[PDB]
A.B. asks: 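My questions will all concern the structure given below.
Proteins come first, then strands; the chains are lettered A, B, ... in the order of their sequence lines, and each starts at number 1. Each ligand, and each atom within it, is numbered from 1 in the order the structure gives. Both backbone and side-chain heavy atoms feed into the values below; hydrogens, waters and symmetry mates do not. Header says: X-ray crystallography, 2.8 Å.
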Amino acid sequence: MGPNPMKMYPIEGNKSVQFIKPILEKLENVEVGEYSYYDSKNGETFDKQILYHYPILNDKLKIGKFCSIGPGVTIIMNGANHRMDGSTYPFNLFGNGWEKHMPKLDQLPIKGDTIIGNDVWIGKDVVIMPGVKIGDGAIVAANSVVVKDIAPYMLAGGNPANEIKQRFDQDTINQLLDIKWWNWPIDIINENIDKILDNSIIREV
Amino acid sequence: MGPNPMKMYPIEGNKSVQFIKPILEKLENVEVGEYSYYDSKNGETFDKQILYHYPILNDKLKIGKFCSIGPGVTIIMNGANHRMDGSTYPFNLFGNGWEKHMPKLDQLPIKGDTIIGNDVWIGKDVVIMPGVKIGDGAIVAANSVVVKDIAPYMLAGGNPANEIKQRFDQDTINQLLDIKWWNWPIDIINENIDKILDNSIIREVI
Amino acid sequence: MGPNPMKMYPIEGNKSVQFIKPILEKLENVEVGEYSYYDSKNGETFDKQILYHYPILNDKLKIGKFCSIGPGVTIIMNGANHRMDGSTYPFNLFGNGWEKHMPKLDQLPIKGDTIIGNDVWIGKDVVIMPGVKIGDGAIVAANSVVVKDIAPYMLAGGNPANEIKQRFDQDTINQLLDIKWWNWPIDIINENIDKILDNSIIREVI
Ligand SMILES: CC(C)(COP(=O)(O)OP(=O)(O)OC[C@H]1O[C@@H](n2cnc3c(N)ncnc32)[C@H](O)[C@@H]1OP(=O)(O)O)[C@@H](O)C(=O)NCCC(=O)NCCS
Ligand SMILES: CC(C)(COP(=O)(O)OP(=O)(O)OC[C@H]1O[C@@H](n2cnc3c(N)ncnc32)[C@H](O)[C@@H]1OP(=O)(O)O)[C@@H](O)C(=O)NCCC(=O)NCCS
Ligand SMILES: CC(C)(COP(=O)(O)OP(=O)(O)OC[C@H]1O[C@@H](n2cnc3c(N)ncnc32)[C@H](O)[C@@H]1OP(=O)(O)O)[C@@H](O)C(=O)NCCC(=O)NCCS
Ligand SMILES: CC1=C\[C@@H](O)CC(=O)Cc2nc(co2)C(=O)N2CCC=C2C(=O)O[C@H](C(C)C)[C@H](C)/C=C/C(=O)NC\C=C\1
Ligand SMILES: CC1=C\[C@@H](O)CC(=O)Cc2nc(co2)C(=O)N2CCC=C2C(=O)O[C@H](C(C)C)[C@H](C)/C=C/C(=O)NC\C=C\1
């Protein structure tokens with residue numbers, strides 16, 4: 001029961017809602033959770049939203065399961081940073097003799113891998129800077145800019161985005177991070193969607 | 001004297017500046033003030049700048065009189081909010097048996113109506129979140145994100161927008177709030193446009 | 001050795017990266033340095049990114065040399081400033097009698113010129129408010145909105161953008177601001193690019 005997680009478009013006739021995984025699997029070094037979807041803004045496919053992601057730099061993007069990514073969300077990788085121990089001007093780029101100044105890989109600043117946990121809701125037009133971590137169950141307010149990590153089950157917002165308040169009491173969260181319903185076999189999840197939607201799965205589990 | 005507040009396009013040979021009232025009047029759960037306008041970005045009508053407004057939720061949007069709204073301003077209503085007492089994943093949206101998990105109207109988080117006062121100036125590309133109130137005479141800097149209310153005649157900006165400074169001293173602000181010139185017939189407004197534009201209208205009516 | 005700063009499209013078979021000087025030189029009240037470029041976001045040339053620049057208000061826009069300008073960066077000049085000694089409604093704008101109230105040059109808030117230094121790297125989709133001054137060698141994070149001045153070799157970001165941290169010790173900064181390699185003839189810069197890329201030109205030149 002439920003939709004086929006391998007379709008690009010789970011809702012027949014609808015080219016707006018699209019599962020991210022079947023779209024991004026072809027991409028080298030990008031990991032995606034099963035039911036994570038993207039609400040297209042103007043019809044585009046999520047791959048257009050990941051920028052400056054180059055193999056040779058080897059940074060990775062990670063997206064957990066059951067994530068709801070709003071339209072316009074932009075994930076920027078490390079291929080946009082410039083060398084900064086000196087001038088930020090990209091001399092090597094204009095050639096005509098300047099290539100000699102190409103930078104060695106260990107010279108480029110690479111923050112790290114980007115990792116978005118499970119059951120995460122990212123509002124529209126959110127921009128995610130390189131090498132950031134977003135915990136399970138977190139909520140990011142529309143039009144936010146994430147320059148730093150976000151703890152699990154936290155509501156954050158702003159530019160730069162900051163944690164505003166815990167979604168639930170530590171108690172609940174600890175048990176929630178404990179149960180990990182996103183990891184259960186779908187058929188078990190199919191029988192508890194109700195308890196998962198109102199958090200009562202904590203007492204059953 | 002002055003433009004016809006019922007015309008979509010007041011300025012002649014200029015399909016960019018439009019009077020909001022005419023455009024949004026056919027709409028439900030929406031009230032707009034007399035002379036408030038919108039400076040189109042790419043020639044789009046202001047109605048396309050109001051997102052996620054479903055009558056079913058019954059949230060209302062109110063805009064006062066004499067408001068200057070920059071291009072790109074986006075008004076987000078309550079239709080996009082996700083149920084959040086548990087998992088924020090919209091299972092009901094994907095059918096195949098998940099259809100039965102549709103939320104209950106009183107299970108969706110509603111933030112209230114969006115109310116924008118009179119004589120408000122909204123810079124360009126501002127995004128206004130659900131259930132916000134911006135008092136009269138306020139100025140919201142460009143590219144701001146309004147998440148909480150803004151007091152009258154205050155200058156606000158940023159993401160999340162914050163009140164930066166009062167435009168005038170308490171006394172004056174109290175005064176203007178009380179006076180409420182935007183609520184005068186036009187013959188009078190038309191005759192004191194210059195005192196409205198320099199704030200002396202206070203000394204007159206006091 | 002290196003491209004001719006006078007070429008519009010310096011790199012070849014590339015209509016996205018452009019040298020600003022040649023393009024903006026043909027503009028009133030704009031001063032652009034030599035190697036500074038702009039990485040187009042969709043083909044659009046940089047002049048389309050400068051908004052509300054009316055010669056009548058006489059505000060100027062200056063931009064140093066060797067600046068890396070990311071795609072979508074926007075510059076906002078004083079042409080969008082509403083009068084605010086009182087009401088902010090552009091009555092004059094609508095005519096039909098209201099024109100009498102056109103504001104006097106000395107009544108509009110002109111915050112001054114906008115000055116961007118040399119060796120300045122501005123991230124993508126950054127918005128620059130009017131009357132701002134960014135320092136030599138500063139880095140402005142992508143998606144920021146610059147409302148106040150930014151110091152040399154300072155890093156900054158956010159909406160509003162705030163200085164986040166210095167790029168090097170005071171000493172080093174003091175020197176580079178003294179040496180100003182960006183004002184040297186290219187023939188010379190050409191044989192130090194390496195010492196300029198790792199900051200060692202401070203031990204040589206001094
Ligand atoms: C974040 C959001 C869910 C609201 O959270 P919520 O549970 O309703 O909580 P509240 O609105 O009451 O927010 C509480 C506080 O956070 C602040 N806040 C809300 N959004 C904020 C933001 N982006 N940045 C900073 N603070 C923010 C409020 O101003 C408030 O301040 P206070 O506690 O000091 O008084 C909503 O603003 C949002 O972003 N929705 C997403 C819309 C979207 O993009 N949908 C597309 C996908 S379908
Ligand atoms: C808001 C605005 C009017 C400036 O207000 P102002 O009276 O000139 O204010 P100032 O320039 O003196 O700035 C005052 C303070 O607010 C801050 N400020 C200005 N814009 C800000 C913003 N968006 N967020 C946070 N702070 C901001 C300044 O940093 C400054 O700090 P300080 O008090 O420590 O000195 C202008 O920035 C603006 O938004 N114009 C709108 C342009 C537009 O989009 N027009 C289209 C419609 S016609
Ligand atoms: C700004 C940038 C260079 C990062 O700064 P950095 O030297 O790597 O510094 P770090 O992020 O490691 O740390 C600096 C601090 O600033 C914060 N920070 C980063 N970006 C920020 C922003 N926009 N606003 C506020 N703080 C920011 C970090 O969270 C960090 O917090 P801390 O002081 O508590 O540790 C990078 O985010 C950036 O903007 N790159 C430009 C990308 C682009 O658009 N390129 C197009 C040109 S071709
Ligand atoms: C973002 C940036 C410049 C942009 O402002 C200009 C453009 O958008 C246009 C563009 N840039 C390019 C092709 O068109 C281009 O070719 N770029 C863009 C990204 C990497 C390389 C490049 O050389 O990477 C080489 C590898 C090919 C070996 C090495 C790793 C160096 C990269 C380097 O110094 N990065 C700093 C970033 C400079
Ligand atoms: C940004 C803004 C209003 C915008 O919301 C309206 C528009 O974008 C569309 C538009 N604006 C105009 C013609 O269409 C127009 O004519 N504008 C745009 C910019 C100046 C004048 C204007 O009045 O110029 C006259 C000169 C011709 C003498 C004087 C100098 C005063 C103008 C005044 O109060 N400026 C403040 C700006 C208010």
A.B. asks: For ligand 5, which of the listed compounds (BI 224436, IDX375, virginiamycin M1) is correct?
C.D. replies: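 At ligand 5, it's virginiamycin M1.
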A.B. asks: Which chain contacts virginiamycin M1 (ligand 5) the most here, in the terms used by UniProt?
C.D. replies: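 Per UniProt, the chief partner is Streptogramin A acetyltransferase.
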A.B. asks: Report the chain letters of other chains having a non-hydrogen atom under 4.0 Å from virginiamycin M1 (ligand 5).
C.D. replies: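 Under 4.0 Å by non-hydrogen atoms: B, C.
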A.B. asks: Give, by chain and number, every residue with a heavy atom within 4.0 Å of virginiamycin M1 (ligand 5).
C.D. replies: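 Residues with a heavy atom in range: B/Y37, B/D39, C/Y54, C/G79, C/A80, C/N81, C/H82, C/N92, C/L93, C/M102, C/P103.
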A.B. asks: State which other ligands or ions come closer than 4.0 Å to virginiamycin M1 (ligand 5).
C.D. replies: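 I count ligand 2 (coenzyme A).
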A.B. asks: Which one of the active-site residues that UniProt assigns to chain C is nearest virginiamycin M1 (ligand 5), with the shortest heavy-atom distance given to 1 Å?
C.D. replies: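 Measured on heavy atoms, the closest UniProt active-site residue is C/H82, 4 Å.
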